[PDB]
Structure formats: structure tokens, C-alpha cells
J.: 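Please read through the structure below; I'll follow up with questions.
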Amino acid sequence: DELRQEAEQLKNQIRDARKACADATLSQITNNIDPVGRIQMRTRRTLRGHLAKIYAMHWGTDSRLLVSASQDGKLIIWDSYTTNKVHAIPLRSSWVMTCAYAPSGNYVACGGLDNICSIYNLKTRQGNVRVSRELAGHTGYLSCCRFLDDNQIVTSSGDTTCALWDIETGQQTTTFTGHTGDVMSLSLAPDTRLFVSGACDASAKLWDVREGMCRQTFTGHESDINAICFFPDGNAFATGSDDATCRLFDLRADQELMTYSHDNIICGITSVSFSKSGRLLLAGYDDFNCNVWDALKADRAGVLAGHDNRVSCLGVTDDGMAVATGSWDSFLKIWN
Amino acid sequence: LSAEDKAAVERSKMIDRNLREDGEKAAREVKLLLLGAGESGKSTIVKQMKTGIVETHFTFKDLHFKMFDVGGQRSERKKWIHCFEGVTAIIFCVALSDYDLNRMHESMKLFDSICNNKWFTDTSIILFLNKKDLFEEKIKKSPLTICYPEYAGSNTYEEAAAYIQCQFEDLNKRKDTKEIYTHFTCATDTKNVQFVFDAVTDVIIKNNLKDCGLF
Amino acid sequence: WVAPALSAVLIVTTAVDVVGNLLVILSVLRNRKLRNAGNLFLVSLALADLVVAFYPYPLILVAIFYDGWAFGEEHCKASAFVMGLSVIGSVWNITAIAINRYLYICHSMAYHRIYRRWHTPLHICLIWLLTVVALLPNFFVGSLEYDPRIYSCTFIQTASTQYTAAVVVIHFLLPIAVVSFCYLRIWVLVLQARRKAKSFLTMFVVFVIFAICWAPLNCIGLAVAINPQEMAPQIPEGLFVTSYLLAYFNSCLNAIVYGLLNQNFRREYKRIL
Amino acid sequence: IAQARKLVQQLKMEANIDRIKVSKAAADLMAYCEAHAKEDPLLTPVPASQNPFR
Amino acid sequence: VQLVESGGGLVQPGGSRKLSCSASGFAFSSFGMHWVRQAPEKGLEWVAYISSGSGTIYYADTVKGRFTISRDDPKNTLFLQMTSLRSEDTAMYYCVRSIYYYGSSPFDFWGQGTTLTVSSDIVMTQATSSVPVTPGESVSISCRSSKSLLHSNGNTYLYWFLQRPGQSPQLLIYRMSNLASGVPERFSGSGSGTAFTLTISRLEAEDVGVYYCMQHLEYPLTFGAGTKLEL
Ligand SMILES: CCC(=O)NCC[C@@H]1CCc2ccc3c(c21)CCO3
């Protein structure tokens, strides 16, 4: 097509620039640094009380409270030190697929197959957890939501579009388009000005917040993008594919940097998270257990088994003290 | 080693017993995933008694039925089908009228794709058949050869229904774990609900036996 | 023949029994899901049938090695009381399981209305202490002896008419009637609901194959109990030997008909191993 | 169709940004990882005296 | 968020009386309830405590056995049973709510009061009696405890209360550091070990009142002498 021929040339020089700017690979650069060695992680607490499968969880800001969502229809705010239950929120549609806990510790939000994102108060005059406002306007299933402030949130749904909301009014302040199908994951930068999201077409994109227009795209996968993370520094991120290939991309270099694949693993990653320093790249595999990878050496450094079913969510506290994984086993575990 | 944390422990133990009661109240209910390809076929079977998932619940013979309709969601099927892992049965309604109007070939796939899936490996599939009367009138002039070149029997309502029943049942790939209950829908309301209740009762007994291990 | 048979069958019986029961014990404790399903009536069965695997059988083997009683009267009075806690505690858990799988399968509302929860963990103690409650008069009557007719000290019938009987009734008749009534109603219910929607070989005989093998001993008992003066002495020795061989055989039988021939428990056996 | 023109505009906006040599980014990542490696309780085992979980 | 109580009056010594606390506007089925007694022109003193889903009915030692406390969740009403009558028995009775979780703030709302006929434990005490004030500068109030309140959890269980003249008191500082909800930021509490001090940045017209202190490490809850902050 002559009309699409210009787009073909555009892709030509962008690929040429990406190829030319790669004067050296990371793997040969990180050769003189000592490996971290084997890592032993043990179960400190085990938390029971969920009955159905667990799909998502989010660590609090103080690294002491966490919230989990399950198909049982209950949203539980655990106390991560004494394994006590703080709140139990009964839901309306028991098809939740994501949850988020406010940076200020005041709000908790979840969404699922009903295409509705609900905001819950936690500190009210009465001793009850009520619904602040239900956000509607998505034609597909809601996949992942992450808070920005107490008045602005960003949501990712299955209708190919990400949106930025406004709890006070409830109307979509900004809408992000450009993906082709089933935007799965979402993660935002520490400075809360840019965020990235993974799509089912195996192509991650970077969206600005104030501008409201896409800034950059990344490709290289083969099947899907089940979950994404974002490097603590803010210039890179790690993305979890569906063919046992975790990838670490880059923002300044605008290229794929390194891959984390093994011959034994054949399943698909379900969740990805980082550590406080950034040396350990944690991933949650479909093969009944989690894993830890060296962000530089790209070699396995420990198998964190102990689950009787696939892990569906993984998170690391703000202070980097513990690691908590949730699985379809319905048992939530916190490791150290 | 607890000054005021005892009250917190009491609260956590009480919102544990409340959750246990709520979860033991949700095991008596039966969850049925409605499916199909034709919106008209769904209607007749959602009519009987009482965006995204549109739930509908009814009570029959002191049994609480929970029926989920999911067809509305216009997205990839493989990204949320596993959320229905524990459904008791999968109601499947297809059209008998549409043998010509390859539309049945379309359904035949949607049945193959749903039946022998990676999930649903131990869930029975109730098979409803709709528009049997219009099928009876329109089968006189339209031979099955247009859509079924392999048909060799006579052109009559009885033989065609049995042949299409056998054709639908042939696509099953796990004959020792599933049970495709087939029924022809009639104008009488009560019969459809009775067939649904009878099929569900049989599945419940088999599920109970699997837990104890009498197999 | 006698001694060979005996030793042979009993050694492999103990070997299978202890391993199977320990495997089941660690299996149930391994998973939280398995634990609180009402099937913990069977870990009591495993423990009460491994008890006979620790104390009685090795002492029986030691006595066989010496071709006569080698220990003292102190062990003899105790090597036949640990036996009475195992056997009586094994044919009473196979009729308690036969009750559990009659309220869960058939019925089931009252079972989830009148919840199990904690009743079940303490319910494996009432009918496990009733074993010694019904066995306490055993010391009072003054029965038991080496009984060199069998070379394995056991409950001599000729001792009393009272306890030859009571033992026959409380240990044989009821644990057959209950298990042949419940496992018949469960099968009838299953077959009566399969035809509306649209075999004595896996659900009713595997679970009573202990009756056909405990019957001869109870028959000999009643016989020697109805006429303990003329009928008791006149009895073929080989018949009694075979009866006790069969009785010691069932002991491992209660781990291969509730054990490695299931579907729920068979799956976990691979992971734990 | 106008959507093709919109996609072309998005692509040409994308293809007009600065580039940085991969060596500089790798050095920055290594420096960030090394400098803050002391404050990582996951990387370096921590004694149970100050460990909140016991 | 309104507590209404009734049942007070003048009775002959040796009799019995009924006090009922009516709660409307909040989830009363999840708040632990206390009774607080204030002798005329004297300080405060704990009486009883009843938890949510009554399982702990902790009592004061001076009224142990004689008094009985109960609750009725569906009707949202608290009951108190008194028998006999002494000098210490009679005072003004308050109805206080409290909820206990990780980040809760016990002793949120207080009732109105009632009237009757006549006029070891960590003995927190300070009594600086009266402090004359001028609206504007900063004034500090000191408190001393009989035992180290710093529990092994890392937080001290002391509460600060303010009672303006003419109505029920309210909570200002919980765990000696955290501000209550709705109070001005000018208040500031601090201290460690057994020496605690409460400081006010600037004095206003409405700050005049009596300041009390609680310890919550172990029952019974012990009040302080109370310091009046007059002009
Ligand atoms: C026909 C009567 C009979 O054989 N009954 C089971 C005998 C078993 C075998 C060993 C033993 C030891 C003590 C005891 C019993 C037995 C029953 C009551 O107390």
C-alpha cells in the first residue's frame, strides 16, 4: 500500500536507529561484578481466611498492611506483622481481577468483570467501610488499577484503552488509546508523571499523564504480556511475557536490554516485581512456584516454592523487608 | 505479651467466623454458566424464571440457582474463562432452526472449543436445543445435504433430530468425566426447569462421591 | 505348614500395614484441604491399626523364634490387651467411616446446617475410648493366657459365656449391619438418580470384604460359647489356625481398601513421596 | 482512512526523539544498583534482632 | 454519632437503678463500650468495659460483682445494673465508645451525663492544680506515671483528654503523639519513659478547661488528678 508505504519507511528508520544505537550489549558489560550467590528465603507468616482463588494484592505505604482480592467476594485488609484481619469488605460482583491500596492509606479500590471500578473509604466517622463512588464507562473487563493521588487514579481495562479518572466528579479526565487488544497490566513511575502498560498483542507502550498522548512503544515479545513492573530508578522496567521470557527494557536507550529465559521453564509469568536496590528481579511463574533472577547476571538464584497452585500476584514492600505472594491455592504467604 | 492487642485479636476472630458463615452459605448455591451463539436461543431459557456479567438467580425445589450470562463481554475468551473454574454446569443452547441460515457449523465449533478445553475437564455440559418446531416445518423443503453432505437417512423430523444429537455428542473428547445431557425445549415452562434441576441433582451426587472417594 | 504360614503372612502384613498407615498419617497432615473434610475418621483407623503393627506382632515373632513363650507373664497380660485396642478399634472405625459417608453423600443439608467444624476432631475420641471401656472387664473376668494352640496370646473364648458373647455382638453383628445398610443406601441413591437425568463391585463388597474373612472366628466363638463343655474341646486345630491367619490378614486389608485404591488420596501420594 | 493518517502521525512523532548509547544506560543502572546495595534487606541477609518478622 | 442516655435520679441508699445508653448513627455492633464516672467537682474514674460480641466484661475492682453491664446489638442500647448505694457509688456517669484495630483511635465520642444521690494499678498522677493563662503564648502540662508505659510493641498507651466547663470531654492526643480527628494542629504531645508533657502552641478562648490522662496498658484504666487551665 502506497499510503502505508510511508509508515513502512518510518518503521524502517526507527528500527535502524534502534539497531545502530546498540554499540554494546549489557551482558558483556556486567562480567567483572561478583554474583550475588545462592539466596535462601523462608516462610515467616502464612495467612488463611480466603476460600476462593486469589487474583491480586497490593502492599501498603507503611509496609505493614496489605489488601487482597478473591472470587469469594470479600476484600480483606491483612495486618502483615501479627497476621490479624483489620477489615472485611463484602463486594457486589464477585468477579474481581485487581485491587489497589491508597498511598495515603485512606482508600482501597477494586474492579472486575462488571466493568466498574469502586472506591472504598477506610477512615469514616462510623465504624464501617462504605463505597465512595463507582466509576463506570468501560466497555471491557477492568484489568489493573493503580492510584496516583487521593483524587486521581488510572485504570486499565480490556477495551484496548487506558483511562485517567477523577474520584470527586467521576468523569474520565483523560483517555489513552493506541493498543490493539486487551490491555492487561499497568504500572506508574515513582514520580507519578509517566506510566506504562502491557497489551495482549505483546507490545508495551509509555503514556504521559499531563499530555495524555502516548510517548513510546516497545516490542520484542512473542505471545502476550501478563504483568509488568517498573524499575525503582525510573529509567527502565521489567515485563512478564507468556512464554517464560521475562524482559528488561529501557527508556533512554529505547531498546531491549536483556532477557531472562531457561530451558526447563515452559509456563508463563504471572507477576513481576523488583527489590529496593534493584539487584533482584522477582517473577511469579505459572509452574506452581515463584523465582528470583539477577537483574545483571540473568541467572537463577533461588526457587521460592511452597505453593500448591499457580501464583497470581506478587509484591515487594516499600522498605524492601518482605516479599508476599498470592496464589490460586487460596493461601497468602509473606517471605523474608 | 498483649496489652490492648487482645481486642484486635477478638475482632480478627469474629470477622473470621462471619466470613466462615458467609462462605458456608455460598456452597449450597449452584452456579451455571450460560453460553451459546444465538441471542434468541438464550432468551427462551433466560425467560422461564425470574455491562459484563449479567447475573440472574432463581429458587426451585428448595435449591438456589445462580445463572451467569457472559456473552456480552466482547473480548478474548481465553483471558477470563478460567474465572469460572468451579461452575457446577455449563448450559449450552444452540439452534436447530439454523442448519442452513453453516451457522450450525459455527456453533459446532463453539461447542468443540468449550467442551474439550484445558479447564472444564470435570464439568458436565447441559445441551439445550431450540426452535424445534420451526425446524420441523422448514425441514420438509430443505434437505440436510446443503450443510450435511454425509447424511444418508430419510428426510423426517425424528431422524434429523437424532442425527444432529449424535453429531453434537460426537465432538466430546472425554467420555469418562463429562455427561452431555440433551433435551429438546418445549412450550411448557415447567419441563425446562425440571430437566435443569434433574441434571444438576445428578452432578451434585457425583461431585459428592468424588470427595469421599467411592470411585 | 502351621508355623510357616503364620510367620510368612504376618511379616508382610506388618510391613505393608505400618508403611501404609504412616503414609496416610503424613498425607492427611500434609494438606489443609484434606484435613477438615470429615475424612479424619480414617487417620484414627490408620493409628489404631498401626498400634498392632508396633507392639503385638514383633513380640509374636519373638515367641515364634523361641518355639514357645519366651517373655514373662507381665508381657503376656499386655501383649493381648494392645491387640484388643487395635482389632476392636479397627472394626469400629470402618463403621464410623461408614456413617460419615452416609451423612455427606446422602442427606447433606443437615450436615451443612449442623456443621462439622470442631465436632469431628473430638468425635474420634468417644468411640476410641469406648474401646477400652468395653475392654476394661477383660481384666476383671480373669481371662487371657498363652494358649499354645495358636502360639500367639489372645482372647480365649472358653473363659466366660458373658464375654464370649458380648464380644461377638458388639464387634461383629453391628459393624456388619451398619456397614451393609449405609453402603447399600448410598449405592441405591446413586443408581436411582443416574437414570432420571438420562455396581456391587466397587462400592459394596470392597467395603465388607472384612466380613467374609472375620466370620469363621465369630462362628467358632458362638459355637464354643453355646456349649463350652463339649463343643469347645472338639474342634479341628487347623480350622482355628486358618481362622486366626485370616484375622491377622485383615489387619493390612484395612489399608488397601481405604488406601491405595482411592482417587482423592492416590493423587497426593506422589507429591509427598 | 483517517485512522491510518493518525497512526502515521503517531509513528513520526515517535521517531523524532533523542537517543542515548546503551553503555551509558548500563553504567547508570550498575551505579544505581551498587550504591544502594547496602539498603537491600533481600540482597544482604539481616540478623533477626532487627527483623520485623520472626 | 450521637449518644443519649437516661435513667438517672435520686434514690434511697441500698436500692437499685437502671441506666440505658442509646446509640444511633453508627455501627454500634462493632464498637467496644465503656462507662466512665465523674465525682462532683472531682476527677474521672473507669467503671466497666464491654467488648463487641460480648466476651470480655472486665470490671473495676471497687464495684466488682455489685455492678452488671450488658448490651443489646439489634436495638443498639447499653444497660448497666447497679445494686445498693454508697458514697463512691454515686457520681455522674458517661457513655464512651471505642474500637480496637491496628490504626484505630479508642475513646472517640462521649455521652452527656446523668445524676444520682450523694457526694497494683498504675497510679498516674501529677496534679499541677491550676495554671493561669493569657491568650497567645505556649503552655506545657506535665504528667508522671507509676510504671513504664512503653510496651514491647514500641508504642506507649496513654491518652490525653480535655473537658471544657459545661459539657462532656473529648479526646486530644492518643499514644502521646497522634492528633485526634478534628482537633486543631496547635496541640502537641511528647515524652518518653515515664515523663510526658503536653504542649499547646497558642492559647485561645475555647482552650479553657480541665486536662485528664489515661493509661491503657492494663485494666483497670486509671485516670489522673486533672489540671485546670483557667484564665
Ligand atoms: C469369637 C470371639 C472373638 O474371636 N473376638 C475377637 C478376639 C480378639 C482377638 C484378640 C483379642 C484380645 C482381646 C479381646 C478381643 C480379641 C475381643 C475382646 O477382647
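In what follows, chains are A, B, ... by sequence order, proteins preceding strands, each numbered from 1. Counting starts at 1 for both ligands and their atoms, in listed order. No hydrogens, no waters, no symmetry mates; every other heavy atom, side chains included, goes into these values.
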J.: Identify the drug located at ligand 1.
T.: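 The name is ramelteon.
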J.: Trying to figure out what ramelteon (ligand 1) is stuck to here - the chain with the largest number of contacts. What's it called in UniProt?
T.: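 By most contacts, it's Melatonin receptor type 1B.
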J.: Judged by heavy atoms, which other chains are less than 4.0 Å from ramelteon (ligand 1)?
T.: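 Other chains in heavy-atom contact: C.
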J.: I'd love to know the UniProt transmembrane segments of chain C, N terminus first, that have a heavy atom less than 4.0 Å from ramelteon (ligand 1).
T.: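 Non-hydrogen atoms under 4.0 Å from ramelteon (ligand 1) turn up, by UniProt numbering, in 3, 4, 5, 6.
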J.: Is there a covalent bond from ramelteon (ligand 1) to the polymer, and if so, to which residue and atom?
T.: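 The covalent link is not modeled.
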J.: Report the source organism for chain C from the entry.
T.: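 Per the PDB entry, it is Homo sapiens.
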J.: I'm curious which residues sit within 4.0 Å of ramelteon (ligand 1), going by heavy atoms - can you tell me?
T.: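 By heavy-atom distance, those residues are C:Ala80, C:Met83, C:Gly84, C:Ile88, C:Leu135, C:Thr154, C:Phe155, C:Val167, C:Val168, C:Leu217, C:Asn218, C:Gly221.
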